[PDB]
Student: 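Before anything else, here's the structure in question.
Letters go in sequence order (proteins before strands), and every chain restarts at 1. When a ligand or atom number is given, it counts from 1 through the structure's own listing order. Side-chain atoms are counted along with the backbone in the values below, which use heavy atoms only and exclude waters and symmetry mates.
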2 protein chains.
Amino acid sequence: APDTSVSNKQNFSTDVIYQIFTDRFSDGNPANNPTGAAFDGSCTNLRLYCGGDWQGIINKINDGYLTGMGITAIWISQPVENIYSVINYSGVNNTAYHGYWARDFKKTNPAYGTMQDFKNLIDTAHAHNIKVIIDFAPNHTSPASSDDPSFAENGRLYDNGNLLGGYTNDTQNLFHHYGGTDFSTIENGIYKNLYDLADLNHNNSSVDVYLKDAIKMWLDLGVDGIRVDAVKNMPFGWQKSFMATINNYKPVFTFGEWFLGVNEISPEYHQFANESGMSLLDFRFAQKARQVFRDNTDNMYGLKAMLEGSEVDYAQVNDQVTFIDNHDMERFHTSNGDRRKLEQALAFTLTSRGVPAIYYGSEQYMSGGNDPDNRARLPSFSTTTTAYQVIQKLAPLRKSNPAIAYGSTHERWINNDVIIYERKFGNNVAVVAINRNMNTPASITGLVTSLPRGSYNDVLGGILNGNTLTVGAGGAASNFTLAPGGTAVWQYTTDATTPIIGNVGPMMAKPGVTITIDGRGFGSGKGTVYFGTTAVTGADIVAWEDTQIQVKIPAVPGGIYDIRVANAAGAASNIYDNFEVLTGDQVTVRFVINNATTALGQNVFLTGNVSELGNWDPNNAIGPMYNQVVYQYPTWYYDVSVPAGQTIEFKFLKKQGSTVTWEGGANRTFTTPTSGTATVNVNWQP
Amino acid sequence: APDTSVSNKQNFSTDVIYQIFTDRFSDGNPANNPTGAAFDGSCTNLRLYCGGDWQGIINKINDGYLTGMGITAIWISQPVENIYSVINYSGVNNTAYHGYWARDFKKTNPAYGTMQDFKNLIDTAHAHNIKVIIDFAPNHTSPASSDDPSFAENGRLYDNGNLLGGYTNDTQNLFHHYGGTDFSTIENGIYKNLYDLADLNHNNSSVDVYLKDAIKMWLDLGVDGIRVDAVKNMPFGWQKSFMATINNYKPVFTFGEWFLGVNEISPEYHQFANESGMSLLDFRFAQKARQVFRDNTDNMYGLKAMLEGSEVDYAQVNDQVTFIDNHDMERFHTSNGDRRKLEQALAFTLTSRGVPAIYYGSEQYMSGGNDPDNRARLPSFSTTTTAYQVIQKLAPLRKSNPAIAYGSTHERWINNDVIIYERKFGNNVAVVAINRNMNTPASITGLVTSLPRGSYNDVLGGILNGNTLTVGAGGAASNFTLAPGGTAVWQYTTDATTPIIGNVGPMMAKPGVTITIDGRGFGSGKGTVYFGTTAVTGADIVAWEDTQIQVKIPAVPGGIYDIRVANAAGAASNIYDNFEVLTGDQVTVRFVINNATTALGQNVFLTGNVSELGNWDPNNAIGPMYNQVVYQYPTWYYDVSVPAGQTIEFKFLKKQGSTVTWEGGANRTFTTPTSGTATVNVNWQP
Ligand SMILES: C[C@H]1O[C@H](O[C@H]2[C@H](O)[C@@H](O)[C@@H](O[C@H]3[C@H](O)[C@@H](O)[C@H](O)O[C@@H]3CO)O[C@@H]2CO)[C@H](O)[C@@H](O)[C@@H]1N[C@H]1C=C(CO)[C@@H](O)[C@H](O)[C@H]1O
Ligand SMILES: C[C@H]1O[C@H](O[C@H]2[C@H](O)[C@@H](O)[C@@H](O[C@H]3[C@H](O)[C@@H](O)[C@H](O)O[C@@H]3CO)O[C@@H]2CO)[C@H](O)[C@@H](O)[C@@H]1N[C@H]1C=C(CO)[C@@H](O)[C@H](O)[C@H]1O
Ligand SMILES: C[C@H]1O[C@H](O[C@H]2[C@H](O)[C@@H](O)[C@@H](O[C@H]3[C@H](O)[C@@H](O)[C@H](O)O[C@@H]3CO)O[C@@H]2CO)[C@H](O)[C@@H](O)[C@@H]1N[C@H]1C=C(CO)[C@@H](O)[C@H](O)[C@H]1O
Ligand SMILES: [Ca+2]
Ligand SMILES: [Ca+2]
Ligand SMILES: [Ca+2]
Ligand SMILES: [Ca+2]
């Protein structure tokens, strides 16, 4: 089918996402509204339920509010049954309106709707070519105190009605009981509790398989994307087996939230987008967009350096979800901030690389500080605001112009307040110029672009003071003055003769899984797909057409591969690297090693004979291991995704700068379980 | 040996060439100086012999003038025996001092020296790590009038003293007798005479074989490169069979002169570079450099556009020879003009991509107009000029820092008067910042770089008012003020672990010849070289070390191939593409089709079953064929290089944009000659 079908659950860079807090969007059904102290239909107390639901979203798809805007993906609040208690916190009553305090991951939150109401949402979203992404927060259940079993619902977890257990009297260790995080360390934030949320224990096999059974249930019900919550606060090894579970079952675009501060460039964050099997919410993009476009704490050079840098650091930059604000940040639009700032910042995000996500109500210039003030009910469904209009005009360019969906970003002109950048994919190009200065016009002299000769009309129709572009000989454009606050988008589209790959999804799966390669120039005749130098042709290509091919991963050795396409005429595409073929189905195993004594700067790592363990290469070893919380030094521990039901060989080692110290002895061996969890507890062999 | 060795004849990106007009450099042997009419020892008359010779260049390698400047290659006037005539042109006497009026391509010009002095030049140069590039001028012989046999030497051509023929009464048709070129079309500039020069006819098997035998004997005297003259004015197809003759016998770096004027961009120019097997003097670069640093008829965004654009248009940009002036244009330094512009532009060229050439005497701020004023004798052998010191500081960096020699160019900061660009290859980095404004200081803010945090000396030692750079977190540099006329070079080197290809020479050749791949990170142990999915290893990798491997071209089908290296440890490199494997040795065949009547913009083309003929792909067919000078429309003719000694199958087609009207009938067949030429003459088949 084409790369732009609503059935393409694997790649979303042709989409624009509208992030909906279900409770604050629309109350389509008042008979499902909570009662008593859990409810506030005036929505003046923002920690209470206001009554918004799935029928209210079906209604704004149907009446065209969402479709009118060009929105093609909806990201909604976690669908799962939540705790019913009203919790008092320092006098303030609080409810589970946000969907984040779960108790049964196999049932719906009935304030949102029934199971039949979720199905009706998927079906009318799909009938209108909209994809449905759900939040999923497998890190925890609900507010709990083991000391006080009567507080809230004591973190209790049920499997489709059947109690599994609570936080007080956790004889099964379904939950972590280490106290709360102080956020000092990644380890500390993983194993300790977030605030007061009862931390699930993913190393318990019942928690492991129930959470994996539950996500399969939501995939069976037709969801197309998953935003997983607090990715920083779960074991990365467990997350990779969770990701292999959805990728080997029904791969859908999955991305996670790892929060990043203002000028924080974090290595682990990038490693996580590059290696977990899910992409990330692009906080680096988001924080620099607000520094340049909102707060003027950085300029266009900062903007350029971030777009250039991120194209290298994320192995698949076209998979990162970009945004200018969301539910954890103060709204972009301030009380005294010019609306042009919001409008340009949205235009930027809509024509930039990635998968743009728009927080509900941006188009209605909502302002408000941090939680809960950034989650007010949206004030109006006016369809004629300037912001509604810039998204209406630009969001469809992601489906029609493959340069916006998949192209590289080239800065063609710049100064402190102006950047004009070019997105290019094959022969398709889009050019956008923006002048963030609202007093001073900009004299553009010497712009050259890849546009063929012509007089390009600004796709924004002049609503942000854009203009026509007259491109002469050799893509050189005639000089113009960009208006103060001006933003213009100029574009050109054509057929590609060369295969050009713009995106592949999933990026990690075992042999036999159908991968989806999207781009242009594949031609209509079944060509060749290369995993390294292995070639799939014929029947292993389950589907071929100019924009999309679907093909089964061949039975190659686990490891990571470059993908390449050849059309039926033998012309070959660009290389799409970092594809991970897995040795098979995964299981997460805890590795505990006692008496691994280390000097300062020395850490224990794990390596082994399968690609998941680095294939005996010390540079690709699993680690640094942890040694503070679940076990303390010199015991080190780590949860590592590993091939299920196989005997693997492995050894530990210590690394200090360039020096590697392997443990002596023979190779340790271990037969992994087929499902669940396992722990290997061993002692340093000198 | 390593990439930077003086024995690397295939690639020159690590070199700095010094273009010497042999006659105007140094007279080291007066006894071989011309007498009386052909000579002027005061060299007051720039059209007569002044005396400069190969012995004088040997003295300048020996006494330290050239090696002290960091020059690593020398390009000298054509070595070949020229006519002895003093020609009159308007009562202005004129001699062959420039070496361009050949008589015999197998003897030396006695004013320069003997074959014995030419061996001494090769040997003193190599002994001092300087490569020797000779001009070769195969388009023509010398001024000739067929009407008047006594003018000059009637363009007579000798074969090692044995007369072959003169222009008057050329019965064995050695020359073209179509009149002179008005430069109206490429076809007209090729087959008609350039000025009064008896134009050689490459379709004559005698001239085709003699010219190839002569180039081979200078490859046999140990020349390291060849600048071939007037590449525009000879048939592509013949120059390709000539390139295949050099590359299948003793590959050395060869590049042509295809003159190009200001703001001029020819597609045929970039097609020649990309498809001939030779590269080109980079007139695109040189013309924009003079506009920005000499003449002020463009600014930094223009420079920026040229750098960005040449990087995608030139398939192998690292092989283009750059310069800011030469013998066919006015010298860059203007009389009583600002020296700092010369110094700045010299520093610009020295740190930019390609292979830089310096016109002799630039370091002595030689002024002069067009021919012959730009070839006055070098007036000083001063080693302390700032232009001398600038070349001495920066020329070495092309051997030491691979970012300068092979790296990509990326603008990092810019405005009308300032560019700071960064060269990047692996983690080796060079950042050069130039302020062409000689009056205004520039404040740089927002410079983000790829250098590690630290403070960086200007390698020019501040002689061009450059400064010390301090780099903080994430490559962001501290605010600074680039002086008026400030030029500053800051750099970072570190060993590459993983293999990176920076250059490949030759780029076109039959199976069995040894190519040179240069870069970093290849390691000390043989790994694999791919030509397509064809892995080449062991005995065929003739040599392998970290910066250079040499390997024999596999017995693959004729076609263009991507080259990729995987070091012993399996880490694979970037792809170097557009490599052409010839089906075999080459002969230029003239194809002539009669009665091929076309429509509006319908052109005739040739295609056949070898890769040389596009392998039956209409989108790759040879053409559009010619039809004015040698044969007239509706007869079309084209000189195509084809594999020697086999039955090619061909057909002709007409292309109306995307319509291909094919000949009917059956596929034609012809057995090519093994050496020499042939002409196939046929009529359109409906
Ligand atoms: C449960 C919580 O989940 C999401 O936020 C995550 C982040 O994705 C995760 O990376 C981490 O980020 C925090 C960051 O480390 C810290 O420096 C910054 O100051 O705050 C970030 C956000 O809290 O932590 C949280 C996981 O705890 C959602 O985006 C959050 O909205 C969501 N919040 C819940 C939790 C509480 C209390 O149970 C409610 O007050 C809140 O309304 C609800 O949304
Ligand atoms: C004497 C020596 O004994 C063990 O040797 C190591 C290798 O040195 C190391 O490269 C590693 O190689 C992997 C191998 O490439 C792979 O094919 C195989 O299947 O798996 C290996 C890793 O499991 O492993 C081998 C052993 O299999 C020790 O591990 C070495 O450290 C040891 N050398 C040092 C270190 C210590 C250990 O504390 C001393 O006991 C020893 O005397 C000293 O020589
Ligand atoms: C033999 C001659 O060849 C080289 O220079 C040539 C170019 O190869 C050729 O393309 C042509 O360039 C002109 C270009 O094609 C045209 O479109 C442009 O507008 O103008 C260009 C010239 O201004 O002509 C040049 C030379 O004009 C060498 O680089 C030359 O040095 C070389 N010169 C010889 C030839 C003559 C004629 O007998 C002497 O006057 C001259 O001194 C001598 O050096
Ligand atoms: Ca409701
Ligand atoms: Ca956790
Ligand atoms: Ca002499
Ligand atoms: Ca010619």
Student: Tell me which chain touches ligand 1 most, using the name in UniProt.
Tutor: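 The chain with more contacts than any other is Cyclomaltodextrin glucanotransferase.
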Student: Looking at ligand 1, what drug do we find there?
Tutor: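 The name is acarbose.
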Student: Looking at acarbose (ligand 1), which other chains have a heavy atom under 4.0 Å from it, would you say?
Tutor: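 Those with a heavy atom under 4.0 Å: A.
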Student: So, at a heavy-atom cut-off of 4.0 Å, what does the binding site of acarbose (ligand 1) look like in terms of residues?
Tutor: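 Within 4.0 Å on heavy atoms: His98(A), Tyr100(A), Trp101(A), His140(A), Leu194(A), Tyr195(A), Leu197(A), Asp229(A), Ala230(A), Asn233(A), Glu257(A), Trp258(A), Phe259(A), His327(A), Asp328(A), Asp371(A), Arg375(A).
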Student: Taking only heavy atoms of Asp371(A) into account, list the atoms of acarbose (ligand 1) that are under 4.0 Å away from them.
Tutor: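 Near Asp371(A), the atoms of acarbose (ligand 1) are 40 (O), 41 (C), 42 (O).
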Student: Using a 4.0 Å cutoff against the non-hydrogen atoms of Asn233(A), which atoms of acarbose (ligand 1) qualify?
Tutor: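 Reading through acarbose (ligand 1) atom by atom, the close ones are 9 (C), 11 (C), 24 (O).
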Student: Considering only distances below 4.0 Å, what other ligands or ions surround acarbose (ligand 1)?
Tutor: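 There are none.
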Student: Heavy atoms of the protein only: does one fall short of 4.0 Å from atom 17 (O) of acarbose (ligand 1)?
Tutor: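 Not a single protein heavy atom is under 4.0 Å away.
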Student: So if I count the atoms of acarbose (ligand 1) from 1 in the order they appear, which ones are less than 4.0 Å from some heavy atom of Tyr100(A)?
Tutor: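 Going through acarbose (ligand 1) atom by atom, the ones under 4.0 Å from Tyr100(A) are 28 (C), 31 (O), 32 (C), 34 (C), 43 (C), 44 (O).
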Student: Under a 4.0 angstrom heavy-atom cut-off, which atoms of acarbose (ligand 1) come close to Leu194(A)?
Tutor: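 Selected atoms, number and element: 26 (C), 27 (O).
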Student: If the cut-off is 4.0 Å to any non-hydrogen atom of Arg375(A), which atoms of acarbose (ligand 1) fall inside it?
Tutor: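 Every atom of acarbose (ligand 1) under 4.0 Å from some heavy atom of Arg375(A): 31 (O), 41 (C), 42 (O), 43 (C), 44 (O).
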Student: Please determine if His140(A) has a nitrogen or oxygen closer than 3.5 Å to a nitrogen or oxygen of acarbose (ligand 1).
Tutor: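 No, since none of the N or O atoms of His140(A) sits under 3.5 Å from an N or O of acarbose (ligand 1).
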Student: What I want to know is whether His327(A) and acarbose (ligand 1) share at least one N or O pair that is separated by under 3.5 angstrom.
Tutor: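 Yes.
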Student: For atom 4 (C) of acarbose (ligand 1), what's the nearest protein heavy-atom neighbour? Residue, atom name and distance, please.
Tutor: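 Atom 4 (C) of acarbose (ligand 1) sits closest to the protein heavy atom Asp229(A) OD1, 2.9 Å.
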Student: For acarbose (ligand 1), which UniProt active-site residue in chain A is nearest, and at how many Å (non-hydrogen atoms, rounded to 1 Å)?
Tutor: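 UniProt active site, heavy atoms, to 1 Å: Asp229(A), 3 Å.
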Student: Looking only at protein heavy atoms, identify the closest one to atom 25 (C) of acarbose (ligand 1) and say how far it is in Å.
Tutor: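 It is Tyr195(A) OH, 4.1 Å.
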Student: So which heavy atom in the protein is nearest atom 37 (C) of acarbose (ligand 1), and how far is it from that ligand atom?
Tutor: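 Its nearest protein heavy-atom neighbour is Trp101(A) NE1, 4.0 Å.
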Student: Check this for me - acarbose (ligand 1), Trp258(A), N or O atoms closer than 3.5 angstrom, yes or no?
Tutor: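 No; every N/O pair is 3.5 Å or more apart.
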Student: Protein non-hydrogen atoms only, distance under 4.0 Å: does atom 44 (O) of acarbose (ligand 1) have such a neighbour?
Tutor: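 Protein heavy atoms within 4.0 Å of atom 44 (O) of acarbose (ligand 1) - there is at least one.
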